[PDB]
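Among the contents of this structure: reserpine.
What you see of chain A is 17-54, 123-473, where the numbers are those given in the PDB entry. Only heavy atoms go into these numbers, but all of them, side chains included; no hydrogens, no water, no symmetry mates. Quick check of the header: electron microscopy, 3.7 Å. Just follow the structure's listing: the first ligand is 1, and inside any ligand the first atom is 1.
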Amino acid sequence: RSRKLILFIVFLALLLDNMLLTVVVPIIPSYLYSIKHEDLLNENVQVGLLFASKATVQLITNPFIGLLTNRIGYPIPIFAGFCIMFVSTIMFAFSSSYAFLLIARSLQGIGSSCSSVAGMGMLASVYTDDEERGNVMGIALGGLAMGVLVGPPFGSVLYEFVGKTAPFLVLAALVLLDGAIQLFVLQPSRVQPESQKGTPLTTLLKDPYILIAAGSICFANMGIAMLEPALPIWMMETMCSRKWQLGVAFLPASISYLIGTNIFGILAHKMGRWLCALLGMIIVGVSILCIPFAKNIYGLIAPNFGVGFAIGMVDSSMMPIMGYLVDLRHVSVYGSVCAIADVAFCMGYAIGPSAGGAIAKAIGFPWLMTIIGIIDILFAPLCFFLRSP
Ligand SMILES: COC(=O)[C@H]1[C@H]2C[C@@H]3c4[nH]c5cc(OC)ccc5c4CCN3C[C@H]2C[C@@H](OC(=O)c2cc(OC)c(OC)c(OC)c2)[C@@H]1OC
């Protein structure tokens, strides 16, 4: 009856959430191109809306699930989001209709948000010690980040080796194992009238100082959000990739993310968070500019590594400064940093792929990548105001 067990269930829950969020990336455009082979960019823009559907649904849903966890209890909605995730797995596996894909992703968003809120809530509640709670949240988020490293090569290899249905089924089997673990971990379900601070996050979002860092993360991951759906079609077109290099194309970004965060989480505190974020944004800009420069799959290993490393740079700079500013000049509560980070990520993935597809409909991929480079460069100086809050 170890608490580390519940840590394991929540860890694998959000890890599986990201893994399923990510393995869907290099396969759906293949579906759409294959179906349409037997309105050329309408499929691309509807892919962009498909990717943005989860972000929009989660953004709308998060207050509702927060209130629901406040009112009815902690154990019920995690299992509800579990069942939702299982339905999403089955719809990705067996269903092949585009509208079915939109419904599956939109449904998936609710369960993903519900897990990402309520599991963190239990992880904080059971872990009474504040420092212990903080470091366990850190390791849970580290697994959350490592899930998107696991995802893409797994999905691409199982897409090419077996077919269109095998890897979603493997993810579904992982879902069932997770649910068995969750059910066996906790036999009873309690109402859990946990007490929480009444100060909301709308005041935190209203502050420009937090908003600058939130926007920094927003565009920093809007780069990768816009990078997600365009690359597969960009490799089917004028690139003649052999239908499997998608996973090995996205892998360097993830591995660079993990190595950069792991090697700068101890250094950004020493050297300075504001200039660290400044350099991170500059590196995002230059790598994003250089992604069009590559003309072969071998070439893309460098700029993807750069953008992943720089996104890790920005995250390592900006994750602790949220809590620092919140403790300095706002309500001293835990979990609001996670809430503001989540709303920033949802914002970015809401307008990332949608605007990416909208631009790609009439403007080519090179100008898209360059222009988001200009937004990155232009946003870089605004981080200087964060040096002395
Ligand atoms: C898409 O999936 C995501 O959206 C997550 C990742 C996004 C993003 C990403 N996508 C990729 C897709 C690729 O091929 C398609 C290749 C590389 C990447 C990378 C590298 C960079 N990155 C990692 C991922 C980062 C995740 O978020 C957090 O790890 C996080 C961390 C925190 O502290 C560290 C938080 O605060 C305590 C927090 O609040 C909830 C969230 C993020 O949200 C869940």
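By contact count, the main macromolecule holding reserpine (ligand 1) here is known in UniProt as Synaptic vesicular amine transporter. In this PDB entry, the source organism listed for chain A is Homo sapiens. With heavy atoms counted under 4.0 Å from reserpine (ligand 1), the transmembrane segments of chain A in UniProt's N-terminal numbering that qualify are 1, 5, 7, 8, 10, 11.
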